[PDB]
Every structure is written in C-alpha cells, then in structure tokens.
J.: 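I'd like to talk through a structure of tacrolimus bound to Peptidyl-prolyl cis-trans isomerase SlyD.
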Amino acid sequence: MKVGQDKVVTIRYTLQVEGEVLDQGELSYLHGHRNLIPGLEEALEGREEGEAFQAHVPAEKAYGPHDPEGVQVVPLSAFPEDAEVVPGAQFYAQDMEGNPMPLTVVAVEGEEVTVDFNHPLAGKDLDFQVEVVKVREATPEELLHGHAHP
Ligand SMILES: C=CC[C@@H]1/C=C(\C)C[C@H](C)C[C@H](OC)[C@H]2O[C@@](O)(C(=O)C(=O)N3CCCC[C@H]3C(=O)O[C@H](/C(C)=C/[C@@H]3CC[C@@H](O)[C@H](OC)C3)[C@H](C)[C@@H](O)CC1=O)[C@H](C)C[C@@H]2OC
Ligand SMILES: [Cl-]
Ligand SMILES: [Mg+2]
Ligand SMILES: [Mg+2]
Ligand SMILES: [Mg+2]
C-alpha cells in the first residue's frame, strides 16, 4: 500500500540539522491532514511500504523562516523566581490572547532579557533519514478525530 491521503503511515526517522542529530524515533501519523511538516509529507507521498530514503527539507517547507519580530526584550522580573536565566534556557509563555508562546533566552544584560519566540528550528533546513514501516487505511474514528490512534 502506498502513502497517500487518509492513510495512517508509520515511519522511522532520524533528524539532523547542520550535521548534528537532534532526534530519532518512530511515528504513526494521519497523512494529508497537516499533521506533519509540509516538506516531509510531500516527500512521503506515493512511497511504498518498506521504502527508505533521505529528504532535505528547506526551512520554508519545514518550520518556516526566522521572524525578526520574534526577538524581544523582557524584564528579568517576568521569569520564574529562582530559575536560571542564561542563553539557551527555555521557558513556556503565552501571548495577550492565551496562545502558546514558548521562548528561548538569547542574552541577559542587567534586568533586561533578550528572548526569541521563534520556533527553535525556524530558519533551519532539516535533513531526514526515513523508512516507511507500515501503511494502512485510516479508521472512521481517526478521520473524525483528525489524527492517528495507536
Ligand atoms: C500532543 C500532540 C502533538 C504531537 C506531540 C508529540 C507526538 C510529541 C513529540 C515530542 C513531538 C515530535 O516527536 C515526534 C517532535 O519531533 C521533532 O523532534 C522532529 O523530529 C520533527 O520535526 N518531526 C517529527 C518526525 C516527522 C517530521 C516532524 C513533524 O512533522 O512532526 C510533527 C509536527 C511537529 C508537526 C507540526 C504540526 C503543526 C504544524 O503547523 C507544523 O507545521 C510546521 C508541523 C509531529 C509528529 C506532530 O504531528 C505530533 C505532535 O506534535 C520536532 C522537531 C519536535 C517535536 O516535538 C515538538
Ligand atoms: Cl496524526
Ligand atoms: Mg482514500
Ligand atoms: Mg516491511
Ligand atoms: Mg531598556
């Protein structure tokens, strides 16, 4: 069975960015419902069960470009009372509506912390080694819920 719309697809993958392995695992996902980054989904379309391949996904088809508006300066007093506020530290946060807006610390100067609200992989090209392990039809329950089930 080939990867396509409304198939549940099981893949084994390794993610590398700029020569460094960032993640590895196995995933089952519902194909064609914006559940995967667009570029990888495009690369998987039409693949047969058992196929293995490499996929270089440009930032634009992955987590998008780095938005300069995402880099902001916030007061140090906004951070958890006894947290370590240093470059690379991550904190969850939300916007003025309530949508998830996690951040990464870029730099600290006195009581001012420069943070980045961009996705950590924004602007990065992603390299995947991928194996298609299984392809099956989605169940009605999966189609109604919009994602794969165990
Ligand atoms: C609770 C339910 C949520 C569910 C949560 C998890 C299973 C927990 C687990 C830690 C998530 C991922 O672990 C599998 C982990 O995988 C990465 O490490 C990774 O290697 C990656 O990039 N992958 C995974 C392998 C397929 C390609 C890509 C992906 O497409 O992943 C998909 C993805 C993020 C798609 C977004 C969806 C929103 C779109 O807007 C965006 O479009 C840009 C693309 C994953 C599979 C989602 O469908 C499933 C979820 O997120 C990300 C670097 C970080 C990501 O952690 C956050
Ligand atoms: Cl899914
Ligand atoms: Mg069909
Ligand atoms: Mg097989
Ligand atoms: Mg100032």
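Following the PDB entry, chain A residues are numbered 1-150, in order. All values below come from the heavy atoms of this structure, side chains included, with hydrogens, waters and symmetry mates left out. Read the numbers this way: they start at 1 and go in the same order the structure lists the ligands and their atoms.
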J.: Mind telling me which parts of the structure correspond to tacrolimus?
T.: ligand 1
J.: Show the binding site of tacrolimus at 4.0 Å, heavy-atom contacts only.
T.: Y13, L15, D23, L27, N35, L36, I37, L40, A62, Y63, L121, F128
J.: Pairs of nitrogen or oxygen atoms closer than 3.5 Å, one from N35 and one from tacrolimus: do any exist?
T.: yes
J.: For atom 31 (O) of tacrolimus, what is the closest protein heavy atom, and at what distance to 0.1 Å?
T.: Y63 OH, 4.1 Å
J.: Protein heavy atom under 4.0 angstrom of atom 35 (C) of tacrolimus, is there one?
T.: yes
J.: Can you pull the source organism for chain A from the entry for me?
T.: Thermus thermophilus
J.: What about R34: any of its N or O atoms under 3.5 Å from an N or O on tacrolimus?
T.: no
J.: Is the closest N or O pair between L36 and tacrolimus shorter than 3.5 Å?
T.: no
